[PDB]
Amino acid sequence: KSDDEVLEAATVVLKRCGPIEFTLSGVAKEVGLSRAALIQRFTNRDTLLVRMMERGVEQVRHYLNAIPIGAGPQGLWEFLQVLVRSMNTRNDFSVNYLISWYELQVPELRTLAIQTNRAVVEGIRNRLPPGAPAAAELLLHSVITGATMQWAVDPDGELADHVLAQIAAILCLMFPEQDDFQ
Amino acid sequence: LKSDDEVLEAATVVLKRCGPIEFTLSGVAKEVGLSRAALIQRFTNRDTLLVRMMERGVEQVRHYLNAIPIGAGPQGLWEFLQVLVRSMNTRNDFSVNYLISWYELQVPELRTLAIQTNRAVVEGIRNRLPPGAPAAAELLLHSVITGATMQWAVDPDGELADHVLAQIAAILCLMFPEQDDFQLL
Ligand SMILES: CC[C@H]1OC(=O)[C@H](C)[C@@H](O[C@H]2C[C@@](C)(OC)[C@@H](O)[C@H](C)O2)[C@H](C)[C@@H](O[C@@H]2O[C@H](C)C[C@H](N(C)C)[C@H]2O)[C@](C)(OC)C[C@@H](C)C(=O)[C@H](C)[C@@H](O)[C@]1(C)O
Ligand SMILES: CC[C@H]1OC(=O)[C@H](C)[C@@H](O[C@H]2C[C@@](C)(OC)[C@@H](O)[C@H](C)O2)[C@H](C)[C@@H](O[C@@H]2O[C@H](C)C[C@H](N(C)C)[C@H]2O)[C@](C)(OC)C[C@@H](C)C(=O)[C@H](C)[C@@H](O)[C@]1(C)O
């Protein structure tokens, strides 16, 4: 078992037990090792969460760089569709808001939450066609963020359908010289 | 000595201070100045007190939104949104809002009230849309406020309201091109 593989296993545990009940003992039974082994490789649960979020930042950047780039506003629309539809709601999605809140209470994790968000914002900024409004990347990131929490509180249909309806609405406003976003 | 509404107010202080997980009747008792037994006599237990708190919250949101001065056209919308955004006090227990929200989604009786609460904000925004505003504009505007606020909460720079209203002005400018400029005031 490699350090990377146990970090992925820990991600499973975090999304299942939440950050409060996240423990080395739980990560061990998941990946199939001992607590003493994890304390040797990661010291404590706080450092394991740090290493997990560090890998998360790299994984965000890797995933955003992988999505093909189409032409113009339509390519931006295509990019946002893939990004949003990637959010898995097969299981309880609300645990991720506890993870977020918890991370912001721990300074080193808060820094990594910042880097995670800046990576997504930068990924969107680099896909902006010419002529897009200033700081358009921030407004688009806010729509995804806000519309997702909207649905998380008051779910109606699929998460992606709720979010992308609003993304299409604001893209139509940003790029009125286009036909339409469907 | 201390009315039910006074109890709900003190309980809200405890909730914002301690969060929904460490929230206890003993804490509310200490804050409001009644015995825990008196609170049990009147609210049964901590969970039921939380429900009553969120029921009151739904009415308070609607009354607050209704009371914001009523203006005309896109400018009236812009003015209403400025007041709504500036009402969030980031120096009075703000991060706890996100733990409260998560918690509410775990308790069905509370989640129903969180849904009513968000729907009251969306409808209050809809009630200030001028004729000719895009369909579903209220949901988009609510998402920008909600999303820009969490954006700032994670990665703050400057004041929350300036961060959020910069994006509201930008989207309003796109919603109403005929309009002149959406400036702060
Ligand atoms: C709280 C609310 C926020 O939710 C979260 O933090 C989730 C729980 C993430 O998973 C967390 C947990 C995690 C294990 O992903 C499941 C971790 O990898 C990721 C960094 O953050 C997501 C699902 C990430 O997507 C995932 O990013 C991965 C790099 C690859 C995944 N997929 C294989 C292509 C992809 O779906 C994503 C980048 O958010 C940042 C999605 C992107 C649209 C956003 O930035 C969103 C606006 C989010 O900030 C959010 C909805 O506001
Ligand atoms: C998760 C993040 C979200 O936070 C919450 O939902 C909290 C958990 C709320 O407290 C919940 C729980 C509650 C007990 O308050 C703490 C309850 O009273 C309230 C109705 O909703 C808020 C703080 C409410 O404000 C409160 O509204 C009250 C009418 C008066 C309060 N104060 C005296 C000026 C004021 O702070 C408010 C109406 O949101 C809906 C703020 C309004 C600007 C929004 O809609 C925001 C976009 C929010 O949705 C949010 C930032 O996205």
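Chain letters follow the order of the sequence lines: the first is A, the second B, and so on. Since chain A takes its numbers from the PDB entry, the residues it shows come out as 7-188. Chain B residue numbers are taken from the PDB entry; in order, the displayed residues are 6-190. In each ligand, atom 1 is the first atom listed, and ligand 1 is the first ligand listed. Just so it is clear, the values below take in all heavy atoms, side chains as well, and ignore hydrogens, waters and symmetry mates.
- Structurally, the main neighbour of ligand 2 is the chain that the PDB entry identifies as Erythromycin resistance repressor protein.
- Lab note: drug at ligand 2 identified as clarithromycin.
- Lab note: other chains with heavy atoms under 4.0 Å from clarithromycin (ligand 2) -> B.
- The residues of other chains having a heavy atom under 4.0 Å from clarithromycin (ligand 2) are listed as B/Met59, B/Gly62, B/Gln65, B/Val66, B/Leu89, B/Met93, B/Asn102, B/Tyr103, B/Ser106, B/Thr122, B/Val126, B/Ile150, B/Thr151.
- Scanning the protein for heavy atoms near atom 8 (C) of clarithromycin (ligand 2), the closest one is B/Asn102 O, 3.6 Å.
- Listed by number with element, the atoms of clarithromycin (ligand 2) under 4.0 angstrom from any heavy atom of B/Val66 are 20 (C), 29 (C), 38 (C).
- Protein heavy atoms are found inside the 4.0 Å sphere centred on atom 18 (O) of clarithromycin (ligand 2).
- Each of the following atoms of clarithromycin (ligand 2) lies closer than 4.0 Å to a heavy atom of B/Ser106: 1 (C).
- Near B/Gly62, the atoms of clarithromycin (ligand 2) lying under 4.0 angstrom from a non-hydrogen atom of the residue are 18 (O), 20 (C).
- Within a 4.0 Å radius of atom 22 (C) of clarithromycin (ligand 2), the protein has no heavy atom.
- In this structure, the list of other ligands and ions lying less than 4.0 Å from clarithromycin (ligand 2) is empty.
- Residue B/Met93 approaches clarithromycin (ligand 2) through these ligand atoms, each under 4.0 Å from one of its heavy atoms: 43 (C), 51 (C).
- In this structure, atom 2 (C) of clarithromycin (ligand 2) has protein heavy atoms in its sub-4.0 angstrom surroundings.
- The PDB records the source of chain B as Escherichia coli.
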